[PDB]
Amino acid sequence: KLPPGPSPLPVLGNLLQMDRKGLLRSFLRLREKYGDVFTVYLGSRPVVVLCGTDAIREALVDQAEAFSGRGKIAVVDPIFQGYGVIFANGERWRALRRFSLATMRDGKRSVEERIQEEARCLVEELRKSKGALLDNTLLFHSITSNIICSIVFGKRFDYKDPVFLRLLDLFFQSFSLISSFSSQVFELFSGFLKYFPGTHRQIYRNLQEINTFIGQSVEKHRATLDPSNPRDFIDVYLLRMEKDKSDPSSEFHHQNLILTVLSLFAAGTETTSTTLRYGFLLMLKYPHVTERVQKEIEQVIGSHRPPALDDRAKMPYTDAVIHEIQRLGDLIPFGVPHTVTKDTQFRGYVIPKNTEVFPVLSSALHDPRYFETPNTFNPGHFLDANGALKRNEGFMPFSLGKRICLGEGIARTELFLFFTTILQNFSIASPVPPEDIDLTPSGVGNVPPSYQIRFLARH
Ligand code: HEM
Ligand SMILES: OC[C@H]1O[C@H](O[C@H]2[C@H](O)[C@@H](O)[C@H](OCCCCCC3CCCCC3)O[C@@H]2CO)[C@H](O)[C@@H](O)[C@@H]1O
Ligand SMILES: COC(=O)[C@H](c1ccccc1Cl)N1CCc2sccc2C1
């Protein structure tokens with residue numbers, strides 16, 4: 001009645017059949033024996049696992065709603081308690097997404113321009129290093145955050161700013177701890193381990209502190225608010241609160257505002273950052289690729305005017321590189337968890353309503369049916385015989401269906417504009433030779449090795 005599962009022990013679950021190397025590696029080892037769709041016991045609760053493009057499409061697109069439910073991540077659930085855009089369910093999630101999607105769609109300068117602007121800052125910043133060795137971590141987390149900040153707070157912060165950097169520091173320290181092997185162990189046995197000291201308490205304090213600053217910004221916004229002339233996501237949300245003053249059954253209250261703003265930073269910054277970081281890592285290893293991208297820039301955009309999003313349709317090779325950067329990136333390898341909305345019928349099995357489903361986004365991105373060389377950087381994977389962009393059914397790095405990444409538009413806009421703007425202005429080099437670069441990296445999120453890079457100016 002459930003997908004073929006290994007014989008679990010009570011309380012402990014399928015522990016003894018896991019691999020020590022991490023969940024993901026645990027899931028892929030099982031897939032070998034138990035097929036494309038199986039069941040594993042993470043403690044006392046079971047979860048359906050989906051491997052391969054088809055299984056994920058069959059569930060998330062074809063049974064879109066059935067698989068529209070959100071699961072908890074034990075290490076952050078104390079913070080979120082099922083409020084906010086990412087971790088809400090039912091009406092709470094629907095109303096909020098409907099609100100979020102529409103609102104981002106709008107300093108009165110469109111999302112494109114704010115990203116173009118942010119890119120100019122980065123270009124001005126990178127010149128100052130005047131060719132020095134640098135670890136692009138801090139810069140990349142900083143630019144992506146400014147976009148979210150510009151959407152929700154209605155401003156951006158300088159890179160040298162001390163206070164910005166500290167909240168930022170502890171924000172990304174939280175993720176690194178969420179992706180830790182310790183957070184994965186916590187997922188299995190949280191019910192026992194929440195009374196012990198562990199990384200979960202550090203994650204709890206780091207985030208609660210971020211929320212404090214968010215709250216303060218809400219108040220300051222509320223005190224300065226001009227209803228006739230809104231400025232950002234919060235200003236808007238505030239006016240929808242006043243609108244719904246009469247209704248207690250409404251979802252638009254304080255607690256949802258806070259965890260939503262937290263949610264936007266949680267999703268909007270970390271993955272977008274690591275992609276650029278992985279991208280340049282890859283671009284250091286393959287000079288022949290970057291030369292081509294720079295050549296494609298020289299022909300279409302030139303060495304003068306900055307890149308616009310319009311330019312992408314005319315730049316199929318760069319776009320394909322970015323596609324392949326995201327493919328190999330594999331930054332969310334088994335995805336944000338899902339749950340079923342009703343007792344669902346799937347491939348002849350019965351997934352009882354409320355059963356967690358792990359759509360393994362890694363297996364899709366390395367699917368040999370869709371990608372000739374699944375373990376090699378191959379921009380060809382996305383280029384037809386005429387050298388034009390071709391989409392692929394295995395390319396689902398933003399997942400699929402009703403839960404599809406809400407910021408896909410914004411994310412891709414950032415990748416393209418950031419890559420083309422940096423590379424238009426700087427050639428790249430590093431202490432490590434291309435042949436000696438190793439890419440293999442962690443848990444819920446992938447995090448590739450930290451590296452050092454020179455951003456050499458061009459003129
Ligand atoms: C290129 C970088 C990004 C990648 C690779 C990425 C990927 C993903 C993935 C895999 C999910 C899980 C969807 C699911 O299975 O439920 C997700 C969810 C989400 N993403 Fe992103 N994302 C990126 C950037 C962004 C940005 C920039 C934003 C907004 C500023 C954003 C907003 C969201 C939200 C709100 C969710 C939760 C959706 C829901 O449960 O309703 N993401 N993203
Ligand atoms: O000492 C007071 C002065 O600083 C204020 O700037 C603020 C800012 O307005 C207030 O925005 C700030 O909070 C800012 C930090 C940005 C964190 C945003 C995200 C970063 C990464 C992801 C997590 C959160 O604290 C600073 C206060 O030190 C004031 O606005 C100034 O006018 C002033 O003279
Ligand atoms: C849609 O989900 C997220 O955006 C991620 C996410 C969840 C699970 C695995 C990978 C990722 Cl990137 N959040 C989860 C909670 C927090 S707190 C500070 C940052 C994040 C990142």
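Residue indices begin at 1 and follow the sequence shown. Below, all heavy atoms of this structure are taken into account, side chains as well, without hydrogens, waters or symmetry copies. Counting starts at 1 for both ligands and their atoms, following the listed order.
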Task: Drug candidate at ligand 3 among diazepam, clopidogrel, chloroquine, pentoxifylline - done: clopidogrel
Open item on the list: Trying to figure out what clopidogrel is stuck to here - the chain with the largest number of contacts. What's it called in UniProt?
Closed with: Cytochrome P450 2B4
Open item on the list: Just wondering, which residues come within 4.0 Å of clopidogrel on a heavy-atom basis?
Closed with: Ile73, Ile86, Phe171, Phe175, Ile178, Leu207, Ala266, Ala267, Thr271, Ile332, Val336, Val444
Task: UniProt heme-binding residues of chain A, heavy atom under 4.0 Å from clopidogrel - done: none
Open item on the list: Let me know which other ligands or ions come in under 4.0 Å from clopidogrel, please.
Closed with: ligand 1 (protoporphyrin IX containing FE)
